[PDB]
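Pictured: Fusicoccadiene synthase, co-complexed with pamidronate.
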Amino acid sequence: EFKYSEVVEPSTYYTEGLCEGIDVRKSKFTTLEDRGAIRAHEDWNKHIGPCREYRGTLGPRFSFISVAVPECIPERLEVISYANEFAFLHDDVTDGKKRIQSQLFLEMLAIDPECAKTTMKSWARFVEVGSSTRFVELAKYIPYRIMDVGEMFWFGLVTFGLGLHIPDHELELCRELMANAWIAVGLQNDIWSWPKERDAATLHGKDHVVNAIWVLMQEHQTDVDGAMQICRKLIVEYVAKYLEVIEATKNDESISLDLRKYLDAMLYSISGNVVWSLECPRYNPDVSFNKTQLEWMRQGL
Ligand SMILES: NCCC(O)(P(=O)(O)O)P(=O)(O)O
Ligand SMILES: [Cl-]
Ligand SMILES: [Mg+2]
Ligand SMILES: [Mg+2]
Ligand SMILES: [Mg+2]
């Protein structure tokens, strides 16, 4: 079942109890994410503007894709990391000679035509219905944040990296079974991106912060630490909830073999998001990169 990654020893990483019952798996080719990610920096620095040693998907020990999508097809590992950085590089713009990224798309047709064609169209619904605020109730924030984190982007990204062909009729079915998983990673990110996003709202003149922490502070009339405790409590529960879905969806043949794989692959995106966000320079400024990672950022590839 797993032939592209290994299980990381539980006594070597911190979980904070936010992914109980899930193994932490790391891609056996993590150096491919580096080159793919760093080349996105260089292409950024060469075509749109300054970009050197950017803190995004990369980590010194756990890079996002290498640990969130550990069973990614090795030959596709570089190009997925290339796209993931541009995703990270664009979310910061959210918070033009850039149309010359058709080289990314055309590269994916050289690998898999049908998988890419759906993914590119999966990103159509993402980009086009993304541009179209301020939440004080959590029940209303969950539907929004589910989109704002990038579910459609991730769907097209993983399915290509795993080579999954889900029939067009299960597309509405799939999104209604990873609700608990997507709520989990959404609250997780809102906790660890909170400092950089709270600092962000301080400059724009924002009286609000589009973050679960701020939302909970308004809805429950509590402070920062009070919201953190509530948020962490919900994550554990929603993580548990999704784990029940897995055992229930283990044996249905009307379910695609691919979709059944994709549901299982969502587990390690949860455990991966935990170990990554706890170390990544994106949320942890004081953390430095690898010798190898730097040597390619400074000296190039
Ligand atoms: N996975 C999306 C997370 C973010 O992009 P977002 O701002 O939560 O969309 P981050 O700023 O935390 O990197
Ligand atoms: Cl821990
Ligand atoms: Mg952001
Ligand atoms: Mg954002
Ligand atoms: Mg965030």
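The residues of the chain are indexed from 1 along the displayed sequence. Every number for a ligand or one of its atoms is a count from 1 in the order of the listing. When reading the values below, keep in mind they use all heavy atoms of this one structure, side chains included, and skip hydrogens, waters and symmetry mates.
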What ligand or chain labels cover pamidronate here? ligand 1
Please identify which atoms of pamidronate (ligand 1) are closer than 4.0 Å to at least one heavy atom of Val149. 1 (N), 2 (C)
In the protein, what heavy atom is nearest to atom 13 (O) of pamidronate (ligand 1), and what distance, to one decimal place, separates them? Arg282 NH1, 2.5 Å
Write out the residue and atom name of the closest protein heavy atom to atom 7 (O) of pamidronate (ligand 1), then the distance separating them to 0.1 Å. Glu197 OE2, 3.0 Å
Nearest non-hydrogen protein atom, atom 11 (O) of pamidronate (ligand 1): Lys196 NZ, 2.6 Å
Considering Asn211, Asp95, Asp91 one by one, which has a heavy atom nearer to atom 5 (O) of pamidronate (ligand 1) than any of the others? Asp91
Is there any N or O on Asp190 that sits under 3.5 Å from an N or O of pamidronate (ligand 1)? no
Ligand/ion neighbours of pamidronate (ligand 1) at under 4.0 Å: ligand 3 (magnesium ion), ligand 4 (magnesium ion), ligand 5 (magnesium ion)
Proximal pamidronate (ligand 1) atoms for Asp148, defined as those under 4.0 Å from one of its heavy atoms: 9 (O)
Does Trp192 have a non-hydrogen atom less than 4.0 Å from pamidronate (ligand 1)? no
Name the source organism of chain A according to the PDB. Phomopsis amygdali
To the nearest 0.1 Å, how far is atom 12 (O) of pamidronate (ligand 1) from its closest protein heavy atom, and which atom is that? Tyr283 OH, 2.5 Å
Taking only heavy atoms of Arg145 into account, list the atoms of pamidronate (ligand 1) that are under 4.0 Å away from them. 6 (P), 8 (O), 9 (O)
List every atom of pamidronate (ligand 1) that sits less than 4.0 Å from any heavy atom of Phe88, numbering the atoms from 1 in the order shown and giving each element. 13 (O)
Atoms of pamidronate (ligand 1), numbered as shown, that sit under 4.0 Å from any heavy atom of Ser193: 12 (O)
Hey, which residues are hanging around pamidronate (ligand 1) within 4.0 Å, heavy atoms only? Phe88, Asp91, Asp95, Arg145, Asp148, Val149, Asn189, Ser193, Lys196, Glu197, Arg282, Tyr283
